[PDB]
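Structure, tigecycline included.
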Amino acid sequence: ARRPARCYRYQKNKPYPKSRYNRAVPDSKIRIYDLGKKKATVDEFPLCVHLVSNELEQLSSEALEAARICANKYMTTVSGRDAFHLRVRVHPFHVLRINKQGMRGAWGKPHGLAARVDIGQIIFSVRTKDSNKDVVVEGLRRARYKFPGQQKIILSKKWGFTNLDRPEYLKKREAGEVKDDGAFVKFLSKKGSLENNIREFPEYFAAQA
Amino acid sequence: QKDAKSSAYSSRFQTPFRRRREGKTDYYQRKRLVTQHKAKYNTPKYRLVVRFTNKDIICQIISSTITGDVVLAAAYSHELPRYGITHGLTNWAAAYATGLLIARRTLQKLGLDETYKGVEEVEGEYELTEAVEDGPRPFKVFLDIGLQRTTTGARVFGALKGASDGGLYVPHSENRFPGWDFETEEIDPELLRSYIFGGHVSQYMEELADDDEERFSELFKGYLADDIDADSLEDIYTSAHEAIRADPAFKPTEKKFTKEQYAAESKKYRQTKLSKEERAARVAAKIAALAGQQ
Amino acid sequence: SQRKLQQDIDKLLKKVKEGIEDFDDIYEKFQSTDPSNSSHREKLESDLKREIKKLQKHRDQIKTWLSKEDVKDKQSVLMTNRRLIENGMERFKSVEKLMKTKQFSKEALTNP
Amino acid sequence: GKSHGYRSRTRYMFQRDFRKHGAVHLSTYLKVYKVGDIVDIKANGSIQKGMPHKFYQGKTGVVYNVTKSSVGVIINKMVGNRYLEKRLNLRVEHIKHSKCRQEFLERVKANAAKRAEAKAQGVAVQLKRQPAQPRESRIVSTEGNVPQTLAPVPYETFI
Amino acid sequence: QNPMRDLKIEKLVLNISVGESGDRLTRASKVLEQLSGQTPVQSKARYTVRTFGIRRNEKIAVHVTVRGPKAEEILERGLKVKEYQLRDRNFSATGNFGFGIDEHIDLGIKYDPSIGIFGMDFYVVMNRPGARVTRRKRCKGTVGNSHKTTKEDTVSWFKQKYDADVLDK
RNA sequence: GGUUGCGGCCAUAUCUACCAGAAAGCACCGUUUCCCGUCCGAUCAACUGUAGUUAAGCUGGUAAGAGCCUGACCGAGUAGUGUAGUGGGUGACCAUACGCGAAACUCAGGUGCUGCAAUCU
RNA sequence: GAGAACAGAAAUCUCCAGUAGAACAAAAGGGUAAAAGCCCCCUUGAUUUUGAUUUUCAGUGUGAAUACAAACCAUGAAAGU
RNA sequence: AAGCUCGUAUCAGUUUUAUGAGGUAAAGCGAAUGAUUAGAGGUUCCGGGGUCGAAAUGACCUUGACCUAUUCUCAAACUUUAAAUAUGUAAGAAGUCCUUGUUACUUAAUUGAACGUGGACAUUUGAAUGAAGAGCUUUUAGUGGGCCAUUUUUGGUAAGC
RNA sequence: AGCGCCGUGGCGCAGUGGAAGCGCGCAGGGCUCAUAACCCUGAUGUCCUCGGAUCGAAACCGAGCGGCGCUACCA
Ligand SMILES: C[NH+](C)c1cc(NC(=O)CNC(C)(C)C)c(O)c2c1C[C@H]1C[C@H]3[C@H]([NH+](C)C)C(O)=C(C(N)=O)C(=O)[C@@]3(O)C(O)=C1C2=O
Ligand SMILES: C[NH+](C)c1cc(NC(=O)CNC(C)(C)C)c(O)c2c1C[C@H]1C[C@H]3[C@H]([NH+](C)C)C(O)=C(C(N)=O)C(=O)[C@@]3(O)C(O)=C1C2=O
Ligand SMILES: [Mg+2]
Ligand SMILES: [Mg+2]
Ligand SMILES: [Mg+2]
Ligand SMILES: [Mg+2]
Ligand SMILES: [Mg+2]
Ligand SMILES: [Mg+2]
Ligand SMILES: [Mg+2]
Ligand SMILES: [Mg+2]
Ligand SMILES: [Mg+2]
Ligand SMILES: [Mg+2]
Ligand SMILES: [Mg+2]
Ligand SMILES: [Mg+2]
Ligand SMILES: [Mg+2]
Ligand SMILES: [Mg+2]
Ligand SMILES: [Mg+2]
Ligand SMILES: [Mg+2]
């Protein structure tokens, strides 16, 4: 057993997901996808760090869980559990097949589950404070070893996971059109109703600081 | 009531046709009515459209065109009191007189008046307008009831019998005229004729005048105002029929306070729309009113 | 092969018919037991139980035949022998219940 | 195992358009087709009687026969090394006119007109269409428009 | 204001669900005949329930719809045997209400020894003048938001009228 | 220009919540002898236009409304793609040359138009 | 969703919302809302005479289907089907 | 191969203009179906626990579901949208306009339908380019094991499969 | 690996669309000095699990779990 990712590496087949035509597939081994202080705010975590791909390939659900475990262990041993929020941004939806006389009836049974990653696609995202840039970089360097192919750390200059580069987001915050939700934020748009906009963003519609 | 419908529902929602949505046409019935045999290429299928409001009977001859339906002739129960019927504008007698009026009006307009005189000896008997040999075939129209039920003894079938007795070749059967006893499976000429000259309204008048005075007065204050006795109803309906046979010409109203005055003075009461600057001004006024965390 | 299949058909056909004959003989001797011989009643019960169990095995074979085996001609005679076996089954069930029922059991005290 | 039915592989072909289900309208019931006309075949899935095959979907032909509720359309189809003429009997829901043909009629009416005044005053008929000819010499004004200079941008990653 | 938008009883429905067929259902149909003075209609089941002892397409219940002064006087007798107290449950959110009585000899006819005891459901729907706009055929519509009787409108109609009271909620 | 009858395109027309509607017209409305239909004159049928009411329907307007529609040099000449190379790269794939070219997003604007006939301060 | 004796999670009745999230004998995919669904009424056109056309295709056969013509009928007030 | 009828306005493995048709690539999921990550706010006359409890259409907290507004990622047998490339038709003389002849068809009707007579229309006879002749028939051979390359693509770990 | 069968009370087994039984065990009473045997009774089930068709099944149709049996040959 345990055929290599070198023979399940490239994207050769069409996406073959779990559906009503394909049942009795084994479960993925990755079950948790967000990690660290996942209830924190983008207020608390300004800097984003992205592990991105350079190859059009397939990532095993095993490679995802192993990279997540090693990265997690490194950041908790160094910087503690609450200093980061790590989210894996690929979900294994590909049922890989195994054949297991001759080539007659060669259509194979389900064997796995894979994340088809494109060039320039986020694999790992870590949001953290400005002082933990080093430790999140070396944790994602450990992640780059359990993951096949070539990957890059890009210092994402978006405030947290969201959008909206840091001066733009600072301007939005000091304008007051940003409301703190659970692990995310809500934005004021100039297209909704006046009454519900009033009752959901009082600070923009007041003379507050 | 927290039953507001979602954006996905409203996006996937297909609205019906306009007339279906306001519930005025059956497009199934209308398609089967107005679809023409394609080997005739130009012949419009003419519809004797009969409609009943609470105080009027509308009876038109309509042909179908790509730009919209066009009319050839119209007759109105509120134009019937010009002829002879000042009371009972939505009875079965006014329906028959309106069908007779629309038939005579459309044949007079078409120039088919010297032939196809109709009956002139109305007797409550079922017959079809036979084609005159060596001459034009009778004008063929089809009854458009619309949405009302096709029950036996209906005013729309009265307008049907009126157009048939006028001279329009409308195909019809006799199993929907009043007096068609299905046990005997024939027609009743006396009952049909009595109801032609309004025997039902008459016998209601004498039954009320015998039994209940206050009720009779309440339902027929107009009849007592005109001093029309209970047995001249056939007389006035007959005289209406030969007035229809005499002058089937559309006379418009006197049309006082003409069309430009109607457009100008009658309604400045429709409240006009605003523009972008006014809408923004109202928005800013509402921001100023709702300013603060109150 | 279809010839071998139809041969096994005809064999089980004949076995079912002779089983039906001897089951009917045991049934009529049961109804004419002279029921003072209760031991003879019980003995005839056990004998027709054995015969109806043999008919159970034959009927299950007929089930598999009519389900999957492509009988291809004789569904009529297979169904008729199935119906004969099942009416024998219900006769055995009625007889078997009749002597099962205890004279002062709650079912006989509720409804005669 | 393998199927070639009358409506095989016609799923999205005979689907209705989004928010265009229901009854088909009286414009396409009241349009008139006469013998020799040019029509486009696009099947309507709601009317199952008189449907074309999937091959004739989106196909232009000449109507040669008209009857009670359908028209007969002539279609040339390629089988083997030759075209074969096919006579389809199709309902007017599946039949639609040809805007290219109507534009040819407005063009021939315009051409007859143009030759009429060209003959009336006696010069410059010039009826036939010409393709897009090369552009001619022009003068552009720098007054109010000084050419602003452009440079390639550096490589900045946005993610 | 209140020009002619005054609540009136559209219809009153008398429903008896005996649960089986034959003698009891025939006698219940008879009860509805002498009570309403009007032919009842027998309602049929929709599917089988083992515990209920009912079968699909087997005649289970029987009901009458009455309207007008007869509906008003049957309603008055029902409130008289319910002693003019009804429940805030017993007053639905679309304004229509109803109750259930047992041993129907408390109102009207005597026992008629060949028929029996039949408890029964009163249900009453209230409408304001102008529900033809949603019940008629040509040019259908929906009533406006200053319409569609609410719980408040009906509870007040039953308190302004009849000198009746309600319970806790 | 309002309204009615018949319609064409079938949401710029729909949906939600309020407000207004002179006149006329629709509408709600009043009644059960007759034709007719229902468990029920509620629907339908018939009769009256009388006893009344714009409360609803309908029409129109409002809403930093939802939806829908139109446009943008907004995204984006991006994704994708036809053709070409003894181009690059171990490969996966990626640039370049001659061409075509989106969708979502964002922003701005709009919220039925119209035909035949009749009628209306 | 809100209600009504026994009656409850599910019996019957009533109202509101409900673009189809149901049903249309069966596989799946299309289609259908004053219907193609459900209920009721009447029927036998699931009839006769042969031709033409479409699919598979050799433009042969079989099967299935389409549009007519000449009759005779069914239904509906009728257009029609 | 034999040819035959004409060389007399015919046709293109082509483009343009105009008009259709398609549901792949892409995209989308705070759009339908199906899958799926994470919190937030709520609702229980109506899930399971505990606490204050005698219980209560009582109260507090815990955990599950249901709803609302969000979020992460997807679909050969999902889709609002939607290419590029390929694909159908038309670009006239067998055409257009005017007038009036036939009919047992059609129309209420000399109303239309189809085919016509007699006139009018040209400078280009109605886009480009090229035609090497165009069209038609008869008869008969061999063949009916294929293989490779670019690109698209299915099964397979892959294969000179 | 394929094919086929089986799965029901504590154990061995029947069971057809209106729907759960046989025998031995188990429980209570009796008989006997007592225990068996015998007599009179009573109770006993997630019908292997999950989903679907049906107005409804353990049965009909599908997915897996578990246990058996047959074939796996020519070199
Ligand atoms: C110019 N000439 C050489 C010509 C050429 C062609 N065809 C071509 O264009 C050539 N075809 C190619 C392009 C090569 C395939 C042509 O097709 C013709 C003609 C001539 C005409 C002459 C016609 C004429 N009238 C009636 C205008 C005439 O005098 C007679 C007559 N009354 O007998 C004709 O024969 C004429 O009608 C005719 O047949 C011609 C052509 O068809
Ligand atoms: C398009 N041109 C090339 C053309 C084509 C065809 N033929 C067709 O298209 C045939 N139609 C089919 C396709 C078969 C249905 C044509 O038939 C003709 C013509 C041209 C004209 C030229 C006429 C012209 N007259 C008006 C003065 C002319 O110069 C002469 C002449 N006096 O020599 C002609 O020959 C002319 O009168 C004529 O006959 C033409 C055609 O017939
Ligand atoms: Mg109808
Ligand atoms: Mg399509
Ligand atoms: Mg059919
Ligand atoms: Mg119908
Ligand atoms: Mg064939
Ligand atoms: Mg020539
Ligand atoms: Mg094209
Ligand atoms: Mg496809
Ligand atoms: Mg894709
Ligand atoms: Mg998209
Ligand atoms: Mg989705
Ligand atoms: Mg010539
Ligand atoms: Mg050969
Ligand atoms: Mg050969
Ligand atoms: Mg014992
Ligand atoms: Mg003992």
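We name chains A, B, ... by the order of the sequence lines, and we start the count at 1 in each one. All values below come from the heavy atoms of this structure, side chains included, with hydrogens, waters and symmetry mates left out. Whatever order the structure lists ligands and atoms in, that order sets their numbers, starting from 1. Be aware that this covers only part of the deposited structure, with contacts counted strictly within it.
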Review point. In terms of chains or ligands, where should one look for tigecycline?
Key: ligands 1 and 2
Point to revise | Name in the PDB entry of chain in most contact with tigecycline (ligand 2) | key: 23S rRNA
Review point. Using a heavy-atom cut-off of 4.0 Å (strictly under), which other chains touch tigecycline (ligand 2)?
Key: H
Check your understanding: Which residues from the surrounding chains have any heavy atom less than 4.0 Å away from tigecycline (ligand 2)?
Key -> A9(H), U10(H), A93(H), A94(H), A122(H), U123(H), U125(H), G126(H)
Review point. Which other ligands or ions approach tigecycline (ligand 2) to under 4.0 Å?
Key: ligand 1 (tigecycline), ligand 14 (magnesium ion)
